[PDB]
Amino acid sequence: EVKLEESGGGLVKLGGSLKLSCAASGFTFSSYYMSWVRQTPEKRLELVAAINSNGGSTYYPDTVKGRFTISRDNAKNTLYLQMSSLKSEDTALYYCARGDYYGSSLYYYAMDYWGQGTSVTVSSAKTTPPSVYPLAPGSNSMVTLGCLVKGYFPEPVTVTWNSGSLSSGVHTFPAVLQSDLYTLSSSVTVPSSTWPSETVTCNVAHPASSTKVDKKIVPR
Amino acid sequence: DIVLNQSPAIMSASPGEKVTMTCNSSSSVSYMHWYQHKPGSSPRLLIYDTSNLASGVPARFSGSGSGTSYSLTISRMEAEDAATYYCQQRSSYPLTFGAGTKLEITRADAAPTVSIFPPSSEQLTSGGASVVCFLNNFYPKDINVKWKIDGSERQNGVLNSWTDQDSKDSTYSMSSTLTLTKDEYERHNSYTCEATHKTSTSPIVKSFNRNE
Ligand SMILES: N[C@@H](Cc1cc(I)c(Oc2cc(I)c(O)c(I)c2)c(I)c1)C(=O)O
């Protein structure tokens, strides 16, 4: 069972630095080429760094050369990426990925296993907690309610309904960035027999500001 | 960085249907890999060196190509084949990826359920006013929303967002938020969300009156 598990992502200002780690298990780490690949917000995939079996050779595209340093400790079965002089366009999800077996006799330059990724945001925008607003109708056997999670930074937030008890009938929409702040909404549809006769509450969390809000949806 | 151009950017197929997508290169490359990527998981090596299936990959997948044009084919689509597919060239450094072909599932056309919401008292208290419209569980993905205040369309200050295709019923949903000043909000009465879609001859209209 191959496992790659990244850590270290976070929010950093323009020109800042971050150090990413990837813990490898399930295989002979020291026998494989390893790489870092990133998924951009527009879902492009970009190689950012590769390293051979020992720490001897490394490769960087010109876009990060001189800014990023990839290393590895084969004792600790650990891959590292030191990211410096960071730029807005380094914002991405960073995957740790395994390349060729050292003695393959035929290198493919393919990534046969990828970690789940660690998330990096490079921006100078100010971290801001969300305002959480209840969405109730003005005035069907079902009723749709909502929460508007507005004016926060950075991503992500999480939204649940009735502490996770309402799972079906929920749509949490991807946040939209405008002028250095994100807005996100979430809808929940429930039987009209359950609201307003019973309580419907959206539970919003924004780790990056340590904010957690429980907003009941009050009729009228 | 060799540029790879995947087509189509997005496509949909019914289960059972044959699917082909292409990766065309601005330069010659000697081999091409393909990767499968689904929301909720990380990319999966699908084909390596143009036409070899990676471990675990079903024989409905095949790859071909040479020179400047390469393709991926599913002989008979399964629902679990919904994903974004990326090609990667391995003939020049840096290794580069195409932008992805998002493969969606075709289902029956479904009209949206439309709901409109006034600003909260919480938000008005702070000096702003957002009106929200949800357009839920529709198919196909293309849809248009129009905001009208007192009968006149507003196009600026509108943020829209679509969900990914639903894993259970294969529909889409979309949310639209029109943000105003409280002062402009309190100066108008009629607020309307208007939706046009393949499934309506005229727009679906939801509205509220600030005086009610
Ligand atoms: N002159 C050197 C240049 C080079 C070194 C590395 I280190 C590298 O990074 C990888 C990434 C993967 I993924 C692999 O499977 C392998 I093998 C190497 C790449 I791209 C190019 C050469 O031509 O080898």
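The order of the sequence lines fixes the chain letters, beginning with A. Since chain A takes its numbers from the PDB entry, the residues it shows come out as 1-139, 144-224. The numbers used for chain B are those of the PDB entry, and the residues that appear cover 1-212, in sequence. We count ligands from 1, going down the list as the structure has it; atoms in each ligand are counted the same way. Atoms considered below: every heavy atom in the structure, side chains included; atoms not considered: hydrogens, waters and symmetry mates.
At ligand 1, the drug present is L-thyroxine. What binds L-thyroxine (ligand 1) most in this entry is, by the naming of the PDB entry, Fab-fragment. Chains with a heavy atom under 4.0 Å from L-thyroxine (ligand 1): A, B. In the vicinity of A:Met111, heavy-atom distances shorter than 4.0 Å reach the L-thyroxine (ligand 1) atoms 13 (I). The name for chain B in the entry is Fab-fragment. For atom 17 (I) of L-thyroxine (ligand 1), a protein heavy-atom neighbour is found at a distance under 4.0 Å. Of all protein heavy atoms, the one lying nearest to atom 12 (C) of L-thyroxine (ligand 1) is A:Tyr109 CD2, 4.0 Å. The source organism of chain A, per the PDB record, is Mus musculus. Here the heavy atom of the protein found nearest to atom 11 (C) of L-thyroxine (ligand 1) is A:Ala50 CB, 3.5 Å. Which of A:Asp100, A:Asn52, A:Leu106, A:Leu47 comes nearest to atom 14 (C) of L-thyroxine (ligand 1) through a heavy atom is settled by distance: it is A:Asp100. Nearest protein heavy-atom neighbour of atom 6 (C) of L-thyroxine (ligand 1): A:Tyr59 CB, 3.5 Å. Listed by atom number, the atoms of L-thyroxine (ligand 1) under 4.0 Å from A:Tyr107 heavy atoms are 17 (I). Distance from atom 3 (C) of L-thyroxine (ligand 1) to its nearest protein heavy atom, with residue and atom name: B:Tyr93 CE1, 3.9 Å. Heavy-atom contacts of L-thyroxine (ligand 1) within 4.0 Å involve A:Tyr33, A:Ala50, A:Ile51, A:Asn52, A:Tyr59, A:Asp100, A:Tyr107, A:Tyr109, A:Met111, B:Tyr93, B:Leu95.
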